[PDB]
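For reference, chains are lettered A, B, ... following the sequence lines as listed. For chain A, we keep the numbers from the PDB entry: what you see runs 8-19, 23-611, in order. All chain B residue numbers match the PDB entry; in order, they span 1-219. In chain C, numbers come from the PDB entry; the residues present are 1-134, 141-220, in order. Recorded method for this deposit: X-ray crystallography, 2.6 Å. Keep in mind that the numbers below use all heavy atoms, side chains included, and drop hydrogens, waters and symmetry copies.
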Amino acid sequence: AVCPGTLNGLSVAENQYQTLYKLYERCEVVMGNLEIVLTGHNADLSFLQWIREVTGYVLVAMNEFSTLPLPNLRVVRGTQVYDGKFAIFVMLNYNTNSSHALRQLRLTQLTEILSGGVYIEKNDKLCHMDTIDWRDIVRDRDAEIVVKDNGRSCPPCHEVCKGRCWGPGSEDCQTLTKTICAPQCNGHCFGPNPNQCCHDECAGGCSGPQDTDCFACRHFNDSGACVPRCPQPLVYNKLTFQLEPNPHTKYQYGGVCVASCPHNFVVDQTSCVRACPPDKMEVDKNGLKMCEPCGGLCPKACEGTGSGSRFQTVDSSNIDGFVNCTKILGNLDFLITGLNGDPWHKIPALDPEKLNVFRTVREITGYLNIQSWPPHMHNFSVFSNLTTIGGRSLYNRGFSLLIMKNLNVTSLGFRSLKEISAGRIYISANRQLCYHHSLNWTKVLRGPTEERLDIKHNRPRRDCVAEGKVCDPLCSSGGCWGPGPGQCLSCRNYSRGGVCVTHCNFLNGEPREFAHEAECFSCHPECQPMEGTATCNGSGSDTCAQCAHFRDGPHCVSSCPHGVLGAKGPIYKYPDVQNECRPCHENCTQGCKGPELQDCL
Amino acid sequence: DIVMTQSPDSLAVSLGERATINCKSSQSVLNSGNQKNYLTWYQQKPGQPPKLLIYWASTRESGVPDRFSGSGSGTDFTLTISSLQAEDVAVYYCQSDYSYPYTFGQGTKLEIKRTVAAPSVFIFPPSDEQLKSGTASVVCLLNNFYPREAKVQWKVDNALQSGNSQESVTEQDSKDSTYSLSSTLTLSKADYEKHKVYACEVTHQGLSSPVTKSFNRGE
Amino acid sequence: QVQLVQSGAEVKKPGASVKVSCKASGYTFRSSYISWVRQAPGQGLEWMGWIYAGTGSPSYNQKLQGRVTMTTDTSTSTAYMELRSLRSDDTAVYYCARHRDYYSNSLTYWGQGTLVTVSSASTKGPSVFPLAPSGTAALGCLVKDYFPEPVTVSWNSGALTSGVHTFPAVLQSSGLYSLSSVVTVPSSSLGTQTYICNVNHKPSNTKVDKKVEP
Ligand SMILES: *[C@@H]1O[C@H](CO)[C@@H](O[C@@H]2O[C@H](CO)[C@@H](O)[C@H](O)[C@H]2NC(C)=O)[C@H](O)[C@H]1NC(C)=O
Ligand SMILES: *[C@@H]1O[C@H](CO)[C@@H](O)[C@H](O)[C@H]1NC(C)=O
Ligand SMILES: *[C@@H]1O[C@H](CO)[C@@H](O)[C@H](O)[C@H]1NC(C)=O
Ligand SMILES: *[C@@H]1O[C@H](CO)[C@@H](O)[C@H](O)[C@H]1NC(C)=O
Ligand SMILES: *[C@@H]1O[C@H](CO)[C@@H](O)[C@H](O)[C@H]1NC(C)=O
Ligand SMILES: *[C@@H]1O[C@H](CO)[C@@H](O)[C@H](O)[C@H]1NC(C)=O
């Protein structure tokens, strides 16, 4: 129904035709420019018989076919014009010698050129173009019309056509449509009566007074009707007192309202777009690919190092590639030469501050291998968002996690690590590593634990306890990665943003919170904080014990509904003495104030 | 086919003065679609290809001085030069930019209007070396004159001549802005020895009475 | 910058054919029109036809009766024009020029031109005869019956250039060209200064030096 435009010029044998064909059949509205350049004399042109509208310009240059039949072409919009001047550009459509020349331009239904002019020159055997009243078609009075220097030995125009025709036939006549209308219409009329103007949604002329009578839509087309906007995605339901998805929803693809975007198009906001913006991500909703805000930063996947890669370790030339990376396709290797520099390959030492680039990493598909770490960095808090180590690819003797000979590390600091899907674990020769002794690897390491742990020769458990380096009281029997309530494997009571807490803000505190599977989530804003009582039982405006501002149905709202469009018109409400939102009078136009008719607007 | 007629055929303008050249076409060149006149003006100095001055009737090509200007519409067009310079002397051409066959005009030479100068007339008898071959050519020279218009008649024993002479005129001198003419009378050795008196009569604006240079066969 | 160099001069017998090249440079040759214009000696300009270098689509003048064919080579950036069934009247200087753009057929860039002369006459050297002189006195040389054009004339091996008038050639009935070259000098220098004209005809490799005596 709707196809894209080509954007080339006179720039270009068999492929070119293939590209043209697949592109324009079976489309009706060209979102761009219709460019027909260098086409053979016996090429099938029936795939262009359904084109009704072209939003850009029409370029017909150096073709060899005898006739160009566009019987359904009604409107050339001219949003993009050729050489800044022409909506229609026809030039050089004839063969080197041979009788393979274009003789007829069949635009029998061409009614309107909204912007741009017409250029028809140097077509040796093209006739009848000098008889057409182009001013009847071209809306803009300032546009240039240049039709000259074409066919010289041309047949007279048929007597039925009255001197104006697209061809020599009796059905090839041009039908004049420009009429004289009254002042009330701003140049948009279908008759001379002041009550015979075109609809306000008509771009130019029209066949009648209705939505459905335009030659071209001023904004959008909805299944035959020219509309200011496509049907809204959301609609206020009077019975559920909130915005519900509209069944009649259509999205913006150019100037047409469509129920679903094409194959390679996503829905952002109200419109079909080529790709999703950097601030939003692609998600499947009700059958369609929609764009929704990432809630922070968007997922990004980077290639790793080690096994199956070009880098054996991350270094000065690699570290910059992991910016804003959440998932790592492969492994991470931290070797001695990578951290301190490689003289053989002339790679400088790594800047410790650049290691903070891994703070966005949530998952490592392969293994994690740390054999070298900066002296002043006594932990791996750089990997504090790391949740999963896949172990899909292993290191050495089947290791997925390997912390070796890091004599300055005091605690692990993997406070988000919850799963190591496969592989063995090797943590040794870290002489000052404490906290790891009490950790239950069964909860983290997936599968049978037996013989998959190789943890020894670290700081002895006796020295750690005597120095006070033990787990926080709020930690469960699972253990911890370091000191504090935010370093626990699991909490005894509740957790608030990765930090173990004794209780949520149930009865006091800002913001107020509710419990959900031993986790603290805040109440909806607009819940009035209750003194000595629970504020909410869950998230949402309908789970509040009392509304801060107003109440609409079961929900709490900041502002009473002041013109929210529903199924059959806008919906207005007012806040009564009990701050609850009540409907307005049925005969009110814009405002409310109160329930009575006298309070309107 | 469209026909381009330029008037006048030759124009004499003093230096620093203004020159206008007219061009009239058989069919209109104005395009109602864009109100543009498709008319072109050229300049061609002798010995070198033409130079484009103005297209679309009034638009100048990049580099063309402001003194050149074009006007007119439909079928009547005019090329004006506000202050004629020494380098502006050439033949000017009108051309249709509308359609086939893009007809050129017949052209018009532009010369410097100089002070009237009378030609110096010389007569040259045929050499003996030419007579040995049986051919006899008599030359009459007119030197350094203005204006170009001159009448040169050959008289053999006071009888007028026709169809046996050819004349050649040089281009206007770059220094003294004058013209020079060379007319050659060709005869057979038999015809030449039959007559005695050979003379060329010169009529010019700078001469009150027609100057005649005569000589007898031999001495 | 933008240049258009045409091929050298051509001499043909009536009924033959000429092919003239025109090599373009300094611009994208593909997106341009090349027009051909001829000019007979002493006559006006005449449009012969044009051609679009990109595809090769031409447009010829009907008055040439199908004798003209134009081609373009994109690889060499060269335009070619061909005239079949040559006539005496097709003796002209043939120019190769470029249209400025798509919207104007006006010729902005021209070639230096090539002289195509068509005649049944054979290549012949010139016969130089002296124009004997008899305040200032005039003398010269009669360069008669030669073919083809052109010819070079100087006085006293280039030393004498003041007051020298070399007239343009005239085409005689025989088909052979002829011109005169005069010079005015004081009558006092007739008995002391030696005046010799240097006539050189390149196409026939002829060099003639004649001394003019009173
Ligand atoms: C994790 O390691 C970092 C860096 O080694 C520690 O941060 C420093 O703490 C020391 C005191 O122990 C202070 O002198 C510095 O100002 C800190 N540096 C930075 C960059 O913040 C940190 O204490 C460690 N975290 C845990 C939980 O042990
Ligand atoms: C609108 O689209 C319908 C097809 O859904 C088509 O019938 C009609 O021609 C279009 N109207 C305009 C004004 O483009
Ligand atoms: C990373 O995200 C930050 C915003 O947090 C932005 O400044 C930057 O452009 C991003 N860098 C890359 C390489 O995408
Ligand atoms: C975890 O990643 C988030 C971005 O999603 C960022 O705000 C934060 O700084 C990271 N956490 C730590 C402890 O660095
Ligand atoms: C730990 O690092 C400190 C400097 O931050 C340094 O004094 C010390 O030598 C290191 N200890 C070991 C065992 O490497
Ligand atoms: C106004 O409301 C009354 C009922 O209160 C109803 O009778 C009437 O139809 C309404 N008037 C308009 C113009 O809608």
Legend entry - chains B and C drug: RG7116
Legend entry - Chief macromolecule bound to RG7116 (chains B and C) (UniProt): Receptor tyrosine-protein kinase erbB-3
Inset, instruction - Give the residues of chain A with a heavy atom within 4.5 Å of a heavy atom of RG7116 (chains B and C). - result: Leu17(A), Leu48(A), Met72(A), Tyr92(A), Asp93(A), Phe96(A), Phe99(A), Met101(A), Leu102(A), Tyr104(A), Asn105(A), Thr106(A), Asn107(A), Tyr129(A), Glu131(A), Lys132(A), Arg145(A), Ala153(A), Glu154(A), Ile155(A), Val156(A), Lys158(A), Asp159(A), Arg162(A)
Inset, instruction - Report the paratope of RG7116 (chains B and C) for chain A using a heavy-atom cut-off of 4.5 Å. - result: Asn31(B), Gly33(B), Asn34(B), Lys36(B), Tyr38(B), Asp97(B), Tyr98(B), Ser99(B), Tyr100(B), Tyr102(B), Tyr33(C), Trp50(C), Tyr52(C), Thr55(C), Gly56(C), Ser57(C), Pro58(C), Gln62(C), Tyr102(C), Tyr103(C), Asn105(C)
Legend entry - Origin organism of chain A per PDB: Homo sapiens
Inset, instruction - Retrieve the molecule name assigned to chain C in the deposit. - result: RG7116 Fab heavy chain
